[PDB]
Asker: 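This structure shows d4T-TP in complex with HIV-1 reverse transcriptase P66 subunit.
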Amino acid sequence: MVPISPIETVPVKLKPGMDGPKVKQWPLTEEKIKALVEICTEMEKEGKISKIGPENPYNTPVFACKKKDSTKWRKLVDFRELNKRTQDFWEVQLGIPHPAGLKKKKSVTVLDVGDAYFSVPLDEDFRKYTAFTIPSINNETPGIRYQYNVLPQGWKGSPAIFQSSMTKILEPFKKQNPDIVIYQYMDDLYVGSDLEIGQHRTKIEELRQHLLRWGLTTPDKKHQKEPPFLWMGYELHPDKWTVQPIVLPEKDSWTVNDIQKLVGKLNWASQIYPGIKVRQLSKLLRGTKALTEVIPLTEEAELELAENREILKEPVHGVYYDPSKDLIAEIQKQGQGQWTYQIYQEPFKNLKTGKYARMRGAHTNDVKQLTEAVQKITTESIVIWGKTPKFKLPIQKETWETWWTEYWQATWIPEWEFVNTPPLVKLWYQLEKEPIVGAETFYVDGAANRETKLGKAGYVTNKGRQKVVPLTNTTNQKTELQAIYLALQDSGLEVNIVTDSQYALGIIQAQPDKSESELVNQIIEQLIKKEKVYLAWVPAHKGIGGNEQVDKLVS
Amino acid sequence: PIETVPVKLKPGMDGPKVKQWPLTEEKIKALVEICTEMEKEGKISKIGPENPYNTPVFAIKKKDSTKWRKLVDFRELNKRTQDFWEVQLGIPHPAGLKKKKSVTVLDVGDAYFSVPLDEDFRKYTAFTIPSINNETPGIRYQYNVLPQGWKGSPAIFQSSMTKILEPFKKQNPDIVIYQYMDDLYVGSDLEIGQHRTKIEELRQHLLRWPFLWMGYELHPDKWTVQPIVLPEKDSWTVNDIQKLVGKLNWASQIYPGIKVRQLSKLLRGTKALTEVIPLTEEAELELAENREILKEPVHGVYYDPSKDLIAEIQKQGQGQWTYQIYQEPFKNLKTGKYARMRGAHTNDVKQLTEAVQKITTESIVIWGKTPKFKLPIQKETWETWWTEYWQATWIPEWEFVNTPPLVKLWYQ
DNA sequence: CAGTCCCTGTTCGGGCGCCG
DNA sequence: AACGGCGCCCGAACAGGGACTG
Ligand SMILES: Cc1cn([C@H]2C=C[C@@H](COP(=O)(O)OP(=O)(O)OP(=O)(O)O)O2)c(=O)[nH]c1=O
Ligand SMILES: [Mg+2]
Ligand SMILES: [Mg+2]
């Protein structure tokens, strides 16, 4: 006979055709034995755990670990076999709150529900599916077996049930106090208002007693009444915020797992520290698949690491969101496909910063990457503030106009303005729209054997110029690119090039300025040196113009 | 007082599990206000995390409208109940709707809120309202009545809709009425004055039983086609003839009688692209013969009701967009071109959004289906902006391609 | 006409950061 | 040695289209 808590239960089923968990216990140390027998007894008197007998043919092992910066221990149930047989839940936690999205509030209070999962009841018809034995001695007493009447920590349904139950309890309080902001994340509650400090504690006590009606305790141990508030791993001050101090490890020898933690902390630090790069550090995490393997720091990865430590020296901070002012986002090019940006409302008062260094596609240009960076900033800004910021981009209006009007794919940038801060983003070469009068016309072609990997590449021109080059260990696509490379090498500043290669034409028409292919980078280098280049396409194997002639040479 | 028509998913398929995407502030404030009223009216009810299903939701504003409309992306749920709205209780498509001089589209989806939904099926209509900056967790609901945007709603309501439209169809035997999703297509050959008057009679016919006051007008009789045309120049260069032969060679995949023998003979040698080539007597004959074949209709091109529709769109630049609708490759059922749409010369995504809506509307009028689009855009670009410009109560299927224009085929 | 190749694209799961 | 959430950078597995060979 256990009392039913005021919190409405959540009906939980299992996947059809499957039963409950039947896993043997794990032999642990005697330190954990004298730290859980007292918990199962305290929870038994408080109604959070009931005892069962032989009528429950299930079992599940459990372990315990010390709480972070606390004397109290934490009990975790290894429900990995129960999670495989429990119904799927839709998580109502859609993201992580960010302090840059918080508005200015005169009074702030941070709460923390004590015994979160242990204060929300489990489904009535589901408590029988949580059986676990507790041996008082490691090999003597058989130990009486208990069950769970609340949410066990470790079950894959515990977070979603708590987050949903917490919302239903706060709904009547938020309706009675519309002007009060309550950021609800897991058990920690961020409460803020523009009321006076005296009247603010009044509503806080009203909320503490409102939650007490459902068995939710807000102890004074984790009650925060004055700044700086520690919330979501940040330091919340009345007019600014900053991330909690980030410590980077400094080992003499660097392994793989050390860099993974290093790059991870830099990604977490890049949200407020401007100018963080991880290109050359992550470049060391390629190929090798041994987490315990020493990797020497390259000269580029060491200079990148030294420049990041000097950024973390000076203290930085962010501000809060004011809905009366506009949102501004400004991007800079860091080179090598790296981009950094800052979001602010007043100049030099950054709400947050960030970086976009993703390299998508084998061939791309700076305009494409800048477009992708704008899109990442837009989606990020809608999550945090629900609106798109006005952009300040290091690209001329004319440069962007030329790109998107002549591109074959739909592309667009929201309302933005040009900011003259080098390095500016530009198009390094422009393909002509019509054939060049007076320019030598090069008919290029390439062919390779699928078996021997041997091939040829060359050209013929209207003036009689001709070249054929044998190639070893190549492909048809490489010979077509090499043919275009030969025509650019052996032509004047203006040249017309005719090819049958849809592959080569598709790469060059997109005006790439960087490529993972050395051959393409050489083609780009030639295209930049030219003054006028016209690329035309004809279907192969049709007796068309000089393409029929150069086809005989390379095959 | 109505028995819930039983609805079952297609065998072997589970309910939709699609993540909600971020929403702007104005759209969340609109959905919170709309869902609160619907909850007070019992149309929806709050649910918990024991419902593993979820469907995205956002809001739109129709053309020349300032009122927010809730829109659910039931695309996943629709193709998981396809045996219902196509086999058991289907809606016949009138072949004369596309022949009418004027066709008005009426939003009648609000009528679906009067019929209850099968209790065993309500768990699949689950959706989640997000919060700004993740202040509060997701606010999940589920539908207690027939939801708007679900292909099963017009099917179940069809028996009710026929009784409402019966006195009006008897009163006017010439007016064609088609129902697709939340919309009602009313086509008539009457003049614009007589048409809109008869439309208002139908509105009053529905009132005696929040977007019923709107009426988007169409003119399917004025719908044009964009055939393949060849350039006509006084002088031709090597580059011109090379582009022409390349265009005709690709066109041979459609019209098998197109020849390029006499035109390719003009390019014998290794000539400069800008060299002018006078057309021979045979080349003029062959080019004239090919211009007539492009006017002739393609052989064996008809609509198969069992095959999905596919729509490809090409960005031609300067506000020009071309498209083709087909079921089998090179068997186009319709080719067209759009120009000077909203966002021309300033916004590609808005134009592309408008083009998708126009094409879908035409496909509903002509065949009663929505085509699956092949969009010339990057997935991340489209998924960032398309909801900002969507003005329709349905959503078609789409995929993303990248086909560089090797030869300008549909617009010289 | 099939069956491959070459190439480039996306999807996904795991590594790390961080929150509870 | 647990659960859920979001982010990044990584590689293996997979899909799809030109192009060549039997
Ligand atoms: C940190 C952590 C947390 N949780 C779940 C359980 C309760 C809530 C909050 O945990 P907590 O605040 O640290 O401990 P809690 O149970 O609330 O007890 P108190 O220390 O607050 O009194 O999240 C979890 O399942 N695993 C974890 O590692
Ligand atoms: Mg707590
Ligand atoms: Mg070739």
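Residue numbers begin at 1 in each chain, while the letters A, B, ... track the order of the sequences. In each ligand, atom 1 is the first atom listed, and ligand 1 is the first ligand listed. Both backbone and side-chain heavy atoms feed into the values below; hydrogens, waters and symmetry mates do not.
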Asker: List all ligands or chains that belong to d4T-TP.
Answerer: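 The drug sits at ligand 1.
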Asker: Show which other chains sit less than 4.0 Å from d4T-TP (ligand 1), counting heavy atoms only.
Answerer: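 The heavy-atom check gives A, C, D.
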Asker: Less than 4.0 Å from d4T-TP (ligand 1): which other ligands or ions?
Answerer: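 Neighbours of d4T-TP (ligand 1): ligand 2 (magnesium ion).
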Asker: Give the residue list for d4T-TP (ligand 1), heavy-atom cut-off 4.0 Å.
Answerer: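 Heavy-atom neighbours of d4T-TP (ligand 1): A:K67, A:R74, A:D112, A:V113, A:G114, A:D115, A:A116, A:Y117, A:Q153, A:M186, A:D187, A:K222, C:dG20, D:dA2.
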